Amino acid sequence: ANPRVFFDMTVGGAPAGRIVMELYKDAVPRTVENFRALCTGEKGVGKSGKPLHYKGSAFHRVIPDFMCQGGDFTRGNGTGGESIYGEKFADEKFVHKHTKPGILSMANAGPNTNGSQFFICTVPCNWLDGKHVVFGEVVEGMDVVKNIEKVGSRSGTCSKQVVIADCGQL
Amino acid sequence: XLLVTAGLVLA
């Protein structure tokens, strides 16, 4: 089966609901395995000395009519993050494109720099195709996504903090 | 522009 993982989100400390994501283990298993493990925290601590775990991390960059970005559990601002394999890992395959809201894809700093940061598209983003590895999609709680999207701004700054209060695997 | 980078956010 393709794994399903979840985030229980808060916005300004207030519960916002659950996002459930299906991960395309069938297509991009190495990328999926990283994300799945970062939802459970099972692999221990990274090079940063922080837990390899999304729990407690935030969506630090949210841009309406584009995407929600999170996963920087080491610096909280887009300058950190790391994978269960080490700081960075290769782009596995570009077999899926950024075709619809709810697509889940890896943020990076150029080719072969995947860590832990990810984004959820809120529009089709074809200009990202070939540059970011798509590895899953939101299957429930897209409303929670759209509610987070509204707290964002053009600068990416959020009006209230958007936190993955809890996370794990179903 | 509209990118998703991790440390130097560009146009």
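Proteins come first, then strands; the chains are lettered A, B, ... in the order of their sequence lines, and each starts at number 1. Modified residues are rendered as parent or X, with their additional atoms omitted from contacts. Quick note: numbers below take in every heavy atom, side chains included, and nothing from hydrogens, waters or symmetry partners.
Lab note: main contact partner of chain B (name per the PDB entry) = Peptidyl-prolyl cis-trans isomerase. Of etelcalcetide, semaglutide, cyclosporin A, the match for chain B is cyclosporin A. At 4.5 Å, heavy atom to atom, the residues around cyclosporin A (chain B) are A:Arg61, A:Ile63, A:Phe66, A:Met67, A:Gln69, A:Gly78, A:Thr79, A:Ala107, A:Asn108, A:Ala109, A:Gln117, A:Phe119, A:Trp127, A:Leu128, A:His132. Within 4.5 Å of chain A, heavy atom to heavy atom, lie these residues of cyclosporin A (chain B): B:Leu2, B:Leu3, B:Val4, B:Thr5, B:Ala6, B:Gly7, B:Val9.
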